[PDB]
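Reminder, nothing fancy here: chain letters follow the sequence lines and each chain counts from 1. Both ligands and their constituent atoms are indexed starting at 1 by order of listing. All values below come from the heavy atoms of this structure, side chains included, with hydrogens, waters and symmetry mates left out.
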Amino acid sequence: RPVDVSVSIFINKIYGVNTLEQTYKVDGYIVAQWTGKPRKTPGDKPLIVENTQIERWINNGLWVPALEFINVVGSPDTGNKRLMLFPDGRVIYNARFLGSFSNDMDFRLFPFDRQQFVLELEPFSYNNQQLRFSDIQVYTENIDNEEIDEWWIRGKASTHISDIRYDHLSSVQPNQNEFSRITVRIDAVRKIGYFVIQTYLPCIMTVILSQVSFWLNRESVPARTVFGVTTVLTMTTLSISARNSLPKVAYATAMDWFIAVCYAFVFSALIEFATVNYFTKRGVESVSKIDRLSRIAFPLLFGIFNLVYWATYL
Amino acid sequence: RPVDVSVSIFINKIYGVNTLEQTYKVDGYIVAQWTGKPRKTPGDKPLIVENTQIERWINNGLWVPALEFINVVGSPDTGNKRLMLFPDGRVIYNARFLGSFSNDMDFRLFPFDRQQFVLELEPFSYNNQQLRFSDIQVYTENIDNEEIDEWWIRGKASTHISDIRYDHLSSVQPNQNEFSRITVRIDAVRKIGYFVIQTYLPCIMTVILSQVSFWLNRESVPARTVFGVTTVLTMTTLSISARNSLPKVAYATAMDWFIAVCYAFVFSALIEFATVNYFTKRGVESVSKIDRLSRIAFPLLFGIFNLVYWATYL
Amino acid sequence: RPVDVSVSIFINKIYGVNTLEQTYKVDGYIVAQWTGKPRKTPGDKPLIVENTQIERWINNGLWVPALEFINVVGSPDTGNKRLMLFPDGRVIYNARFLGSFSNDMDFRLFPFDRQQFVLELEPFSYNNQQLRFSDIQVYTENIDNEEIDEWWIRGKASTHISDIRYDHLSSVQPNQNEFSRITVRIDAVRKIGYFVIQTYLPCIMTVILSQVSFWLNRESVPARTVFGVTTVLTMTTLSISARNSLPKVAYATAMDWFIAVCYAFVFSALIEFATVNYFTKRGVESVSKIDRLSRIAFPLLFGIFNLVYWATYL
Amino acid sequence: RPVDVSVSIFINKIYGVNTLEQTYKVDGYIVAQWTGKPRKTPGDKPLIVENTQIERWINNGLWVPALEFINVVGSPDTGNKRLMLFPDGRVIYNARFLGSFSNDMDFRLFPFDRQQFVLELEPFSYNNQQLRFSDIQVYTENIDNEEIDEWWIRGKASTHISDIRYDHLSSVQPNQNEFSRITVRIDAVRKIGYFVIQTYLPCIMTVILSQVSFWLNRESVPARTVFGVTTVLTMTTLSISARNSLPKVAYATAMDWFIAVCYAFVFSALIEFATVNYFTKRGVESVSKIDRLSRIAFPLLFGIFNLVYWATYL
Amino acid sequence: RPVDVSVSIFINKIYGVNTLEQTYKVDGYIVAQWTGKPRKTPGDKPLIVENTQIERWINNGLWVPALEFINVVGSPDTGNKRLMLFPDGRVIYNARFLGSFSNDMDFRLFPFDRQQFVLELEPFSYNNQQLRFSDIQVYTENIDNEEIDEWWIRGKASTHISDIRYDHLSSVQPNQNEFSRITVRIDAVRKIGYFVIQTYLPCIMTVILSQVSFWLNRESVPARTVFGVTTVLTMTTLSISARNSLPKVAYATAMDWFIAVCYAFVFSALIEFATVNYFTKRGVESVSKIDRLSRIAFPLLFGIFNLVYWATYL
Ligand SMILES: CC(=O)[C@H]1CC[C@H]2[C@@H]3CC[C@H]4C[C@H](O)CC[C@]4(C)[C@H]3C(=O)C[C@]12C
Ligand SMILES: CC(=O)[C@H]1CC[C@H]2[C@@H]3CC[C@H]4C[C@H](O)CC[C@]4(C)[C@H]3C(=O)C[C@]12C
Ligand SMILES: CC(=O)[C@H]1CC[C@H]2[C@@H]3CC[C@H]4C[C@H](O)CC[C@]4(C)[C@H]3C(=O)C[C@]12C
Ligand SMILES: CC(=O)[C@H]1CC[C@H]2[C@@H]3CC[C@H]4C[C@H](O)CC[C@]4(C)[C@H]3C(=O)C[C@]12C
Ligand SMILES: CC(=O)[C@H]1CC[C@H]2[C@@H]3CC[C@H]4C[C@H](O)CC[C@]4(C)[C@H]3C(=O)C[C@]12C
């Protein structure tokens with residue numbers, strides 16, 4: 001007695017990925033097919049009914065169940081609606097949907113993170129005892145496979161049919177509070193190219209600039225201080241601007257750890273000079289022993305770190 | 001004589017918390033049940049009517065009271081609507097809502113503040129003598145309890161039913177102008193991580209950078225002045241950029257007072273040096289005992305301050 | 001014969017004040033009551049008609065005039081609509097409105113300006129010979145009077161009813177082209193707290209920083225120049241950023257005049273040092289009497305200026 | 001035989017002028033009058049039909065032509081619609097329109113440019129052989145002439161009626177593809193106040209700051225270089241921030257030409273100083289006559305430049 | 001047997017080009033003509049039916065196929081709709097559309113890139129066996145083919161009719177899953193004027209400013225370091241700010257390569273100075289012949305680069 005419903009979804013385009021609001025817009029077509037009671041169409045041809053004329057048919061008792069996207073931010077922009085009325089009884093609901101979808105996202109591996117563009121479809125007013133999803137096949141490719149859209153699509157779609165228990169229907173439907181839900185997931189990874197130029201490389205070149213102070217002398221204090229404060233302030237601002245593209249989360253990202261280390265070498269380089277200025281009297285010949293090793297200690301310490309960093313997270 | 005109305009609300013997700021406009025977006029379901037006049041349904045099953053077809057029923061005299069969200073910023077995004085028509089008379093109104101809600105917020109303890117995500121539900125056109133809310137049940141935790149949405153959810157929801165007197169309905173029914181209101185509150189706390197990295201740490205290291213001037217000498221005036229002006233201006237920009245994440249309120253926040261203190265230590269450090277620069281010839285051997293104590297007075301005075309700060313506000 | 005219309009407006013909240021666009025958002029309820037032909041309702045109770053069911057009544061010749069907000073930025077967000085049909089004949093139209101309103105604003109006294117949140121209500125299609133507004137009652141205080149909205153509400157509402165002559169209907173209604181207009185005004189004053197921290201204090205501490213150049217010496221020219229250019233440029237950036245919260249108006253504001261002075265003292269301080277640097281050899285012993293007096297002349301001129309400033313504008 | 005249609009347009013307000021998108025919002029009323037078949041109204045008074053009830057009238061065969069704004073960005077925000085049915089036959093369509101309009105704008109004389117706020121009105125589905133505009137009257141002044149937000153309304157309105165030939169209807173209407181078009185233009189001039197405060201004066205004072213380097217000496221190279229690099233970079237950023245209030249046009253504006261000159265004097269001052277530093281020993285007694293003459297050439301050239309500039313462009 | 005449909009599209013204006021979201025807004029009219037079943041119109045004149053009155057015709061069984069824009073971001077802003085019903089059977093659907101369209105764009109040649117503003121029109125519910133596009137005519141030139149605001153339109157439109165195979169109808173339409181698709185392309189080139197003034201010229205003069213350091217001496221280290229760090233940091237910010245007008249793509253643009261080169265000359269000049277500072281005692285006469293030659297090597301190396309750069313990419 002539960003209505004077996006076959007569902008096919010074609011994803012036309014994915015766009016408007018917003019990491020801040022954790023939303024992403026999905027455009028495509030939807031198809032809902034179920035075998036109902038036979039009817040006599042005008043002619044043996046299948047009857048096709050478009051947007052407005054569908055209302056007159058449900059007014060004559062036609063059964064069209066409302067389907068609902070769960071992980072959506074607002075009522076999706078529904079396009080044109082059509083109805084395929086076959087003589088053997090099978091009904092086919094086809095329409096285009098453009099909605100702003102949401103999904104929980106973890107940024108602990110920013111910007112090397114992997115996230116899932118998920119579609120959560122599930123009917124309304126009809127539980128698993130009344131309406132059941134037979135199968136789901138997502139014909140996303142032939143368009144999707146173009147993955148130069150600010151992300152990298154890795155793998156095909158994943159379809160799964162599950163049963164969700166809503167407790168807020170228990171007061172009204174005893175033991176009838178489970179709904180069949182279709183879930184479609186597409187794994188994707190981020191493209192680190194944009195962030196290398198905005199934060200990573202500016203962090204590196206700032207570190208390179210910060211360490212030039214070692215190679216000057218016990219020279220004009222203005223010079224080695226200007227090198228210090230400019231690199232510290234520059235590294236300070238980059239630490240701020242690097243998170244403006246991220247939600248106000250608590251955990252630290254791989255970009256955060258990279259900045260803190262790059263912050264350390266920059267701040268240490270200044271204190272190193274500030275150290276030899278208090279020890280300008282204890283052991284001064286032409287150059288101290290700190291600079292003679294800091295000119296090599298700092299770059300090598302920083303160099304191997306980048307090797308550990310980029311070898312990881314990749 | 002007033003109709004007892006049982007209300008159940010299932011919150012799908014809370015998102016889009018905007019501290020500036022003091023809004024927050026809430027998605028979820030609503031259930032409204034009342035006992036009406038008995039009817040003879042087609043079959044013994046309860047009759048289920050979906051979005052558009054409900055309008056035809058109220059045209060035949062069916063009574064569906066309009067419910068209204070008070071603390072909303074604009075007309076909420078109403079999803080799919082359904083009606084459960086039982087033969088014994090009881091009617092059940094179930095629909096999905098996605099709205100931008102508002103609530104009075106106090107920012108005196110920024111960013112350690114506690115706020116409440118509130119839903120204020122109340123009917124339209126029907127007072128408490130005509131329509132009464134029997135009970136309210138919020139089955140929010142099942143989903144909501146995952147709070148990585150820029151805030152920290154601490155505790156379950158609190159439900160309360162009250163009666164509100166609108167004076168602008170006195171003109172039509174004297175003394176019968178009170179409306180039943182359902183109120184749903186969810187306490188929440190902020191995640192200070194983003195603010196630690198964006199303002200607090202940059203303020204601290206700037207203060208740390210400001211105090212390196214002490215450990216130099218009565219040295220090149222350019223150096224110790226560059227330390228002064230850069231740190232003062234840096235602290236000045238941070239004082240401004242720290243408030244762009246807040247509405248144009250009048251009272252000062254815990255972040256504000258914390259910056260003013262960090263502002264004091266930076267400006268005092270410059271004047272401290274600017275003082276010893278006025279005494280460069282009267283009593284100069286190597287160090288002004290002022291600097292010899294400022295190298296210890298400033299960190300300890302600032303160090304104990306952070307202990308006074310973080311012990312408070314927590 | 002003109003229909004006397006009683007109007008009551010309940011303001012739920014005023015929010016979203018945008019000084020740039022000179023708009024402001026207003027949420028609340030509206031009530032329009034007029035005496036029609038008597039009828040016999042079902043029971044002596046008043047007949048209540050909700051959103052959609054109004055269509056059936058107005059199609060049957062019921063007279064429900066549409067009321068129109070003049071000073072609105074776009075088509076207001078109409079909430080739920082209701083109709084109270086009384087048996088004694090009086091008809092009552094009640095609905096909730098959320099609209100983005102506009103009003104001409106003068107910003108010559110930024111941020112000490114006084115502005116008016118105005119509602120200009122007036123019907124459509126019905127002149128004063130056909131429809132006249134009897135009285136207006138603004139039930140704003142019950143909620144509004146808690147002035148926590150980036151502004152301070154100073155006083156209750158002020159109502160004015162007038163007759164407006166539209167010349168573009170003279171070609172169609174000779175001498176019958178006057179419309180009854182309801183006007184609701186709420187005076188308000190601005191909260192200078194946000195601007196004290198963003199512009200005033202950074203301007204002041206910059207001026208304080210600008211004068212430290214005097215207390216150095218005829219010293220290292222780099223230092224007193226670094227004090228000079230940084231303070232001028234800092235004051236220049238603050239002079240620009242201070243108007244980004246204002247429309248691109250022509251007249252100068254009280255904040256503008258205050259900055260120009262703060263710009264003058266800072267730029268004068270640099271020119272002063274550049275002057276004593278031109279007199280570095282002709283008449284040099286230890287200090288130019290200019291510095292001996294500028295350390296007192298400038299603060300006294302600056303001190304009395306702020307006192308004259310804040311005594312005014314308040 | 002073509003239907004003569006009298007048109008009256010009342011402009012309520014012009015607001016939201018965006019120079020970047022070259023759009024502008026116009027709110028007001030519209031009146032369309034044509035003489036139809038006589039009718040018998042209830043009483044000799046004209047019959048008035050409001051927003052929804054018009055649909056029933058056009059459903060009964062009444063001829064109400066849809067009017068269309070050409071230079072609009074999206075479907076304009078249509079307010080309330082009314083219908084005046086006169087007994088002598090003349091029909092009057094009156095409604096309120098709030099739309100975001102567009103017009104080609106030339107910015108070669110930024111910020112002294114002159115622009116026109118244009119309304120291009122033209123019917124749909126009815127050509128000039130079917131519908132013709134008799135006359136047009138724009139009752140704009142009553143309100144409009146008060147402009148306080150970035151522009152100056154200078155002069156009255158200009159009305160013109162024309163016939164436009166669309167070639168894309170020849171396939172559907174051979175030789176009958178011309179539509180009557182109403183065009184309303186309002187000249188306006190820009191208010192340079194905002195730009196004087198944001199760029200022009202800051203450009204001037206920066207140029208003034210650039211020339212103080214002359215009055216120092218062949219002095220501490222840090223000072224006169226700090227004068228050089230800081231002024232060059234400051235003038236560089238102002239050239240950037242000056243165009244963010246403009247679309248990405250190709251031609252250079254009067255503000256651009258003004259900045260390029262101000263850019264030259266700033267960079268020339270550095271090269272001038274950098275020149276005398278290359279000649280510090282070959283022909284040195286006390287001062288390089290270059291600075292002694294640059295102190296007069298530079299201010300006079302800049303002063304006379306503003307005279308050539310501001311005598312023009314005004 | 002498939003209905004041949006003639007389609008004409010008139011593009012009124014192209015506006016709102018957003019390179020970030022890769023969208024662009026298109027306003028214009030559409031004409032769809034097909035020869036249908038003969039009918040008896042009132043009079044021999046063609047019957048004209050406007051927006052609302054069309055619904056009654058399709059309600060009486062008239063066949064109006066829904067047409068669909070593929071490369072659209074959301075449900076487009078549909079204007080006024082009209083229907084021409086001819087007695088010989090031919091039906092004509094004419095309407096105005098304003099939609100936000102999208103197209104894949106390649107930014108490797110920023111800002112010398114050439115892009116295509118594409119419209120993808122294709123019907124719904126009717127395959128190529130039922131509805132076929134006979135021909136397409138784009139009458140765009142009348143208001144185009146000259147140039148647009150931020151881009152240059154070069155050439156007339158390009159028309160393409162194709163057959164698109166959707167695999168998601170195979171389960172419901174075996175071998176009948178091909179749709180006729182009209183595609184309209186407009187080639188366009190970018191206007192580099194805005195980018196020359198905003199990034200290129202500031203990058204060039206910054207390199208020029210960086211090279212003045214050579215012409216000082218083995219002089220005050222503060223000066224040549226101030227030249228060094230300021231130019232390096234300035235060039236660093238320009239590398240970031242130049243990409244804020246681009247999506248987060250992975251590939252590097254022609255603007256990126258130009259900045260990286262400009263980054264080298266600035267950074268190389270600093271290392272060059274940092275080299276001669278290491279040789280202040282080891283091989284010192286007055287100047288390191290490196291600086292004596294770098295004053296010629298760098299400009300010529302930079303000069304020839306600009307010739308290679310701008311000769312390319314054009
Ligand atoms: C012997 C030595 O190398 C000296 C030279 C500079 C000094 C530091 C300067 C900045 C100081 C800020 C605050 O006073 C805390 C302490 C702080 C980090 C100092 C020290 O630990 C001692 C340092 C490192
Ligand atoms: C004698 C001495 O060592 C000098 C060095 C720095 C000087 C201060 C700099 C800032 C000044 C601002 C305004 O002129 C009021 C006075 C003000 C606070 C100065 C003084 O108290 C005197 C100081 C402490
Ligand atoms: C003798 C003396 O005290 C010198 C020190 C600073 C100099 C001024 C610096 C700013 C200059 C701007 C422009 O070059 C015009 C001239 C301008 C006002 C200079 C002077 O007239 C001479 C001044 C006042
Ligand atoms: C002899 C003289 O006074 C020197 C001092 C500063 C020098 C200029 C500084 C900027 C240089 C940029 C690039 O290195 C090309 C060359 C460039 C324009 C120099 C010159 O032609 C020679 C100048 C004017
Ligand atoms: C021999 C010579 O001319 C010196 C002058 C400047 C020095 C360089 C400055 C920047 C340094 C950054 C980090 O310390 C790694 C090493 C780094 C590249 C230095 C060196 O290789 C040695 C240089 C080239």
Item to check | Drug identity at ligand 3 | outcome: alphaxalone
Next on the checklist: What's the chief chain around alphaxalone (ligand 3) in this model, going by the PDB entry?
Outcome noted: chimeric alpha1GABAA receptor
Checklist entry - Which chain letters come up when looking for other chains with a heavy atom under 4.0 Å from alphaxalone (ligand 3)? => result C, D
Checklist entry - Which residues define the site around alphaxalone (ligand 3) at a heavy-atom cut-off of 4.0 Å? => result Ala274(C), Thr275(C), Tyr278(C), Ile208(D), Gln211(D), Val212(D), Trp215(D), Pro299(D)
